[PDB]
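Alpha amylase bound by acarbose.
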Amino acid sequence: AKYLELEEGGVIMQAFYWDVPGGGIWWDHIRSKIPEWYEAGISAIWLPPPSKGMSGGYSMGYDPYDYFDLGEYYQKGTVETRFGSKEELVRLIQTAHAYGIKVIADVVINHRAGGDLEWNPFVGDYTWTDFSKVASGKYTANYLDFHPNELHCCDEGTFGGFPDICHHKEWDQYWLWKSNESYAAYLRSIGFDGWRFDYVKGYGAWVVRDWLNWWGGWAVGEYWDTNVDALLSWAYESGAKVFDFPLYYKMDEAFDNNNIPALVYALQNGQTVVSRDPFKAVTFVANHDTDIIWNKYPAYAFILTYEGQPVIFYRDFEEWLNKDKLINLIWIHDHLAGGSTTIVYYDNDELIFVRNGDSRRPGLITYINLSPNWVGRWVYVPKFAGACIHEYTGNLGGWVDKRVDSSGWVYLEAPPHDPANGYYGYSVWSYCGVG
Ligand SMILES: C[C@H]1O[C@H](O[C@H]2[C@H](O)[C@@H](O)[C@@H](O[C@H]3[C@H](O)[C@@H](O)[C@@H](O)O[C@@H]3CO)O[C@@H]2CO)[C@H](O)[C@@H](O)[C@@H]1N[C@H]1C=C(CO)[C@@H](O)[C@H](O)[C@H]1O
Ligand SMILES: C[C@H]1O[C@H](O[C@H]2[C@H](O)[C@@H](O)[C@@H](O[C@H]3[C@H](O)[C@@H](O)[C@@H](O)O[C@@H]3CO)O[C@@H]2CO)[C@H](O)[C@@H](O)[C@@H]1N[C@H]1C=C(CO)[C@@H](O)[C@H](O)[C@H]1O
Ligand SMILES: [Ca+2]
Ligand SMILES: [Mg+2]
Ligand SMILES: [Mg+2]
Ligand SMILES: [Mg+2]
Ligand SMILES: [Zn+2]
């Protein structure tokens, strides 16, 4: 990558959204963006589930049918998946690698879909559990591979009415990750570096732990819950990171309702994954399932200057927000945003905090303002005492430098929050001469 690598906490780009244009053009489209994302500082890309789904060309990949068909077998009415051909996917992955950008596979293994009808003796009725006809000829399955079966009636959870995979069966373990012929092996063989596990609340953390013991690589699990104890419990049991949904909902409460204290209190009370273990939290402002934060500028300013590992949503970067602002924040994240965090000030519409720096990043001062007016106030930041500080976003309208007195006091300023008029509501500062 250009700056920090994925394993170093680099910025991740979720390279899709719900219902992206079909026709098998997505892999090629994302490939065309790789050079631009490289220059922007992106360290890795998270791609949608790559396998042929039940809905064929209409599938977003979350209804996997033939795990080993990445768009090269004719079935479910199409050869390519909604995203493209296997060849196009491999080309995308290898192109990302050419630019030093890692690739994350979206692993959907709680359930399967598109199976044929067969008599299920455990249910006493017909179920869509016959996967004997998958065109790849790999990982066929039947009622013995789903719940209920002879081992138990169910596991941690189900997803709608889709057949629920029983990972306790050796056949399923072998085909998913526990062998050199597995789905994990296949994904790794074509270049996937890391993993994003879908609906992990639906099965045991032990599944992800064994998968990682076999293949390693960066990993995150999608555990949809606001209970931090549950998310972290899963994170430690699985050995993977978790998406910080608690932070997401708190940022909505705070930035969308002029109520920053709600966020600060959640952080201070360990009610976010990031404020408890920033090495386990994958932060985000929006994703393909939920997008409730309207005031995205202060939200991105926050996750790109605060602790944790941030993910930028495709639509925000490529379609909806001022791309230059996100490019600037990525630079700030990788060059200045390091160390512990000290909250300097906060009220309904203002948030000022300091990143104390680490071995590679000197630290910074973030000043978020939700009000439609210019704001300024004296702040006590002894870390920068007697130093020359520079504003690195340009949001004040130009080149701005300030001299912090020997005591640590300096008059900090932030622009109005009025994106409709070109004002973004935040300023970021650090030592002069960094870059
Ligand atoms: C690279 C790292 O950057 C960020 O981590 C910072 C923490 O958020 C801060 O709290 C602070 O942690 C310090 C510890 O509290 C202290 O006990 C001691 O261990 O020193 C730490 C600082 O050196 O500073 C951290 C570094 O700036 C970010 O939040 C975090 O996600 C990043 N971790 C990445 C790096 C590695 C391996 O080297 C992987 O474990 C993670 O998956 C990466 O995301
Ligand atoms: C070949 C077969 O392998 C797997 O089936 C094994 C089950 O997973 C095990 O749990 C065990 O099932 C036995 C029960 O433990 C026992 O209580 C009793 O119910 O007998 C069961 C066996 O009849 O052993 C099974 C292997 O003998 C895998 O789960 C399963 O999908 C595999 N079936 C393939 C074979 C056909 C036949 O045309 C197709 O229907 C399927 O698509 C194939 O995948
Ligand atoms: Ca399940
Ligand atoms: Mg195509
Ligand atoms: Mg909202
Ligand atoms: Mg105020
Ligand atoms: Zn089971």
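Each residue takes its place number in the sequence, starting with 1. Order of appearance sets the numbers: ligands from 1, and atoms from 1 within every ligand. Looks like X-ray crystallography, 1.6 Å, at least that's what the header says.
- All instances of acarbose are found at ligands 1 and 2.
- By chain and number, the binding site of acarbose (ligand 1) at a non-hydrogen cut-off of 4.0 Å is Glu7, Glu8, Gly9, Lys241, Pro278, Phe279, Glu307, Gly308, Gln309, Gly338, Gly339, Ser340, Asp358, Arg361.
- Less than 4.0 angstrom separates some heavy atom of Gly338 from each of these atoms of acarbose (ligand 1): 27 (O).
- Atom 11 (C) of acarbose (ligand 1) has as its closest protein heavy atom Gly339 C, 3.6 Å.
- The N/O atoms of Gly308, backbone and side chain alike, include one that comes under 3.5 Å of an N/O atom in acarbose (ligand 1).
- Any N or O atom pair closer than 3.5 Å counts here, and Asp358 shares at least one such pair with acarbose (ligand 1).
- Closer than 4.0 Å to acarbose (ligand 1), one finds no other ligands or ions.
- For the pair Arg361 and acarbose (ligand 1), the shortest N or O to N or O distance falls below 3.5 Å.
- Note: no N/O pair closer than 3.5 Å links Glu8 and acarbose (ligand 1) by distance alone.
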Can you pull every nitrogen or oxygen pair between acarbose (ligand 1) and the protein closer than 3.5 angstrom?
unit_1              : atom_1 : unit_2 : atom_2 : d
acarbose (ligand 1) : 3 (O)  : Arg361 : NH2    : 2.9
acarbose (ligand 1) : 8 (O)  : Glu307 : OE1    : 2.6
acarbose (ligand 1) : 10 (O) : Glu307 : OE1    : 2.7
acarbose (ligand 1) : 27 (O) : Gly339 : N      : 2.8
acarbose (ligand 1) : 27 (O) : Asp358 : OD2    : 2.7
acarbose (ligand 1) : 29 (O) : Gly308 : N      : 2.8
acarbose (ligand 1) : 31 (O) : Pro278 : O      : 3.0
acarbose (ligand 1) : 42 (O) : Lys241 : NZ     : 2.8
acarbose (ligand 1) : 44 (O) : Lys241 : NZ     : 2.8

